[PDB]
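Section: structure with methotrexate.
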Amino acid sequence: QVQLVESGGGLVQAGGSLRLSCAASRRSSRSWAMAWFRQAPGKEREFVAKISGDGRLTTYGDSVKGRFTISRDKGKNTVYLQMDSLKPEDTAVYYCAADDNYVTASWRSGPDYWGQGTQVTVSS
Ligand SMILES: CN(Cc1cnc2nc(N)nc(N)c2n1)c1ccc(C(=O)N[C@@H](CCC(=O)O)C(=O)O)cc1
Ligand code: NA
Ligand code: NA
């Protein structure tokens, strides 16, 4: 069925920016909260940011608040993660995910659909 696909990943110098995008193979008439998570070796996948189905509410993980911005565009059926002031510590595979519930979209188990990930590496 529905496939989420991340793009915009890369290898950039610290202090640089990237903008990730998550596109889907189909549109839904329903409300889906969307989220980004990241995973590095030696770690559990961790929540980074989420946005409610209507775009009005956003939450960020404590390590990225103020530096990253999540936003979504209905006409293009795409969700974005603007990542500024990148640090070495942000290096990870980033995944996008869709959840029918905004509260649980930050839980590892909450989302109903996940992409396969895009790699982001930040060199010092
Ligand atoms: C989660 N998702 C993808 C989805 C939804 N909203 C988004 N919104 C934005 N802004 N960006 C996205 N990448 C995005 N992706 C879905 C989930 C279900 C169906 C789906 O079940 N569609 C049925 C119809 C039932 C329906 O409309 O839900 C179909 O036949 O296409 C489609 C996309
Ligand atoms: Na929008
Ligand atoms: Na859910």
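Here, residue 1 is the first one in the sequence, and each next residue gets the next number. Each ligand, and each atom within it, is numbered from 1 in the order the structure gives. Just the heavy atoms: all of them, side chains too, but no hydrogens, waters or symmetry mates, feed the values below.
The location of methotrexate, copies and all, is ligand 1.
Structurally, the main neighbour of methotrexate (ligand 1) is the chain that the PDB entry identifies as Anti-Methotrexate CDR1-3 Graft VHH.
Among protein heavy atoms, the minimum distance from atom 7 (C) of methotrexate (ligand 1) is reached at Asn77 ND2, 3.2 Å. In this structure, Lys74 does not count as a contact residue of methotrexate (ligand 1), since none of its heavy atoms falls inside 4.0 Å of the ligand.
Protein heavy atoms are found less than 4.0 angstrom from atom 18 (C) of methotrexate (ligand 1).
Residue contacts with methotrexate (ligand 1) for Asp112 are absent, since no atom lies close enough (heavy atoms, distance under 4.0 Å). In terms of protein heavy-atom proximity, atom 13 (N) of methotrexate (ligand 1) is nearest to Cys22 O, 3.1 Å. The closest heavy-atom contact to atom 21 (O) of methotrexate (ligand 1), among the options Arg30, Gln1, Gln3, comes from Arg30. The single protein non-hydrogen atom nearest to atom 8 (N) of methotrexate (ligand 1) is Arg72 NH2, 3.0 Å, given as residue, atom name and distance. Scanning all protein heavy atoms for the shortest distance to atom 26 (C) of methotrexate (ligand 1) gives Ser28 OG, 3.5 Å. Under 4.0 Å from methotrexate (ligand 1), the heavy atoms of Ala98 that appear belong solely to its side chain.
In this deposit, the organism assigned to chain A is Lama Glama. Looking at atom 27 (O) of methotrexate (ligand 1), its nearest protein heavy atom turns out to be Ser29 N, 2.8 Å. Each of the atoms 2 (N), 3 (C), 16 (C), 17 (C), 18 (C), 19 (C), 32 (C), 33 (C) of methotrexate (ligand 1) lies under 4.0 Å from some heavy atom of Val2. For atom 32 (C) of methotrexate (ligand 1), the nearest protein heavy atom (residue, atom name, distance) is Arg27 O, 3.4 Å. Applying a cut-off of 4.0 Å to heavy atoms, one finds the binding site of methotrexate (ligand 1) to be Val2, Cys22, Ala23, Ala24, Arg26, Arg27, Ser28, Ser29, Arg30, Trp32, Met34, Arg72, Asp73, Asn77, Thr78, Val79, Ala98, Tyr113.
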What are the atom names and distances for all N or O pairs under 3.5 Å between methotrexate (ligand 1) and the protein?
unit_1	atom_1	unit_2	atom_2	d
methotrexate (ligand 1)	8 (N)	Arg72	NH2	3.0
methotrexate (ligand 1)	8 (N)	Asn77	ND2	3.4
methotrexate (ligand 1)	10 (N)	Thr78	O	3.2
methotrexate (ligand 1)	11 (N)	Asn77	O	3.3
methotrexate (ligand 1)	11 (N)	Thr78	N	3.2
methotrexate (ligand 1)	13 (N)	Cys22	O	3.1
methotrexate (ligand 1)	13 (N)	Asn77	O	3.3
methotrexate (ligand 1)	21 (O)	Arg30	NH2	3.1
methotrexate (ligand 1)	27 (O)	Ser29	N	2.8
methotrexate (ligand 1)	28 (O)	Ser28	OG	2.7
methotrexate (ligand 1)	28 (O)	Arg30	NE	2.9
methotrexate (ligand 1)	28 (O)	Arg30	NH2	3.0
methotrexate (ligand 1)	30 (O)	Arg26	NH1	3.4
methotrexate (ligand 1)	31 (O)	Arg26	NH1	3.4

